[PDB]
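Heads up, this one has delgocitinib in it.
By convention here, the first residue in the shown sequence is residue 1. Computation of the quantities below employed the complete heavy-atom set of this structure, encompassing side-chain atoms and omitting hydrogens, waters and symmetry-equivalent molecules. First listed ligand is number 1; within each ligand, the first listed atom is number 1.
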Amino acid sequence: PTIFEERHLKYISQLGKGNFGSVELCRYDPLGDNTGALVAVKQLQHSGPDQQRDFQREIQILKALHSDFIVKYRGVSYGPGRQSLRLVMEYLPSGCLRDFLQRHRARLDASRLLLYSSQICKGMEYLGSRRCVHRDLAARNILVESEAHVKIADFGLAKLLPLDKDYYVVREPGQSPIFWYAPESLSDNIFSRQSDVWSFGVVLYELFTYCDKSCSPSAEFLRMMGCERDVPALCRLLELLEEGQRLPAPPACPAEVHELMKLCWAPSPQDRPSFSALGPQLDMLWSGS
Ligand SMILES: C[C@H]1CN(C(=O)CC#N)[C@]12CCN(c1ncnc3[nH]ccc13)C2
């Protein structure tokens, strides 16, 4: 089905929350005999008309995307009175990549991490071909379909580029993931496929740190930033990035991967590699392990 009856979506548990949305595990059980399939259902919480209109666009974006590396749209569910719109997606029980890395570091090696990186990259290349900027590319928004298959799986901040420009200025309520954001996103609120490339470099750092919280992007940058009176956190972050400071090479991270990170973190967006150019290099590295 593409329209799911709200009364047949049986709530099981929370799967996650981010920005202004929440995703819940539900069994779509039309017969009520508890035989239906599990689905992931996203909805808004503490949201006004602005966020509701944004959520409708999020649905239309995900509905239009068709990639082995992008979570599958299944349909929508309209609450009573068509007042609480819900987005129904395939449920990937292995969960998000961040949690997966923190649980299974011992049995994951560089080749497997490079495979994930390659698949994320191909997903992002596809998004770019649809003129879609993700704006929230991070390990917490990647799902594990299987041991050797990941998917980009949250689009709460995603935007479609205008037809006349390859960038988009976005100023919206909520806390930004500033430690994944390129300098032009931090300062000018500009987002593009090349600002996503910056975030992808941070994702590479996350994967080869196994999303260890002690050396996460926030922990690392916050140590570099320090704390100065009348110097807001955003300014200190912009300052250290302009000075050339970057997240460090994760221990045991292959030198080639660290080089790619640094290229993704070029100061100016036009100087960063495209996802189309990163892909073949990641495939080569995964073939060399
Ligand atoms: C991808 C991350 C981001 N997030 C949020 O909930 C963020 C918000 N709001 C999840 C946590 C785990 N999630 C899922 N887990 C299993 N299958 C799934 N299918 C569709 C989604 C989904 C979603």
Item to check | Partner of delgocitinib with greatest heavy-atom contacts, name from the PDB entry | outcome: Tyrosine-protein kinase JAK3
Checklist entry - Which UniProt domain of chain A holds most residues that touch delgocitinib? => result Protein kinase 2
Checklist entry - Among the UniProt-annotated ATP-binding residues of chain A, which come within 4.0 Å of delgocitinib by any heavy atom? => result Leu15, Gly16, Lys17, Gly18, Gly21, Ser22, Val23, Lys42
Next on the checklist: Taking 4.0 Å as the limit for heavy-atom contacts, which would you say applies to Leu143 with delgocitinib: side chain only, backbone only, both, or neither?
Outcome noted: side chain
Checklist entry - So which protein heavy atom does atom 2 (C) of delgocitinib come closest to, and at what separation? => result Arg140 O, 3.3 Å
Checklist entry - What is the nearest protein non-hydrogen atom to atom 11 (C) of delgocitinib, stated with its residue, atom name and distance? => result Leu15 O, 3.4 Å
Next on the checklist: Among all the protein's non-hydrogen atoms, which is closest to atom 8 (C) of delgocitinib, and how far away is it?
Outcome noted: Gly18 N, 3.2 Å
Next on the checklist: Could you check the entry and tell me where chain A comes from?
Outcome noted: Homo sapiens
Next on the checklist: Can you report which non-hydrogen protein atom sits closest to atom 4 (N) of delgocitinib, along with the distance?
Outcome noted: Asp154 OD1, 4.3 Å
Item to check | Which residue and heavy atom of the protein sit nearest atom 19 (N) of delgocitinib, plus the separation | outcome: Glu90 O, 2.6 Å
Next on the checklist: Please classify the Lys17 to delgocitinib contact at 4.0 Å (heavy-atom distances, strictly less than): side chain, backbone, both or neither.
Outcome noted: backbone
Item to check | Closest UniProt active-site residue, chain A vs delgocitinib, heavy atoms, 1 Å | outcome: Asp136, 7 Å
Next on the checklist: Applying a heavy-atom cut-off of 4.0 Å, say which part of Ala40 lies close to delgocitinib: side chain, backbone, both or neither.
Outcome noted: side chain
Item to check | Heavy atom of the protein closest to atom 17 (N) of delgocitinib (residue, atom name, distance) | outcome: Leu92 N, 2.9 Å
Checklist entry - So is there a nitrogen or oxygen of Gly95 less than 3.5 Å from a nitrogen or oxygen in delgocitinib? => result no
Item to check | Other-chain residues near delgocitinib (heavy atom, 4.0 Å) | outcome: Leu15, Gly16, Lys17, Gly18, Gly21, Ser22, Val23, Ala40, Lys42, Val71, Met89, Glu90, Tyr91, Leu92, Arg140, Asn141, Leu143, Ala153, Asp154
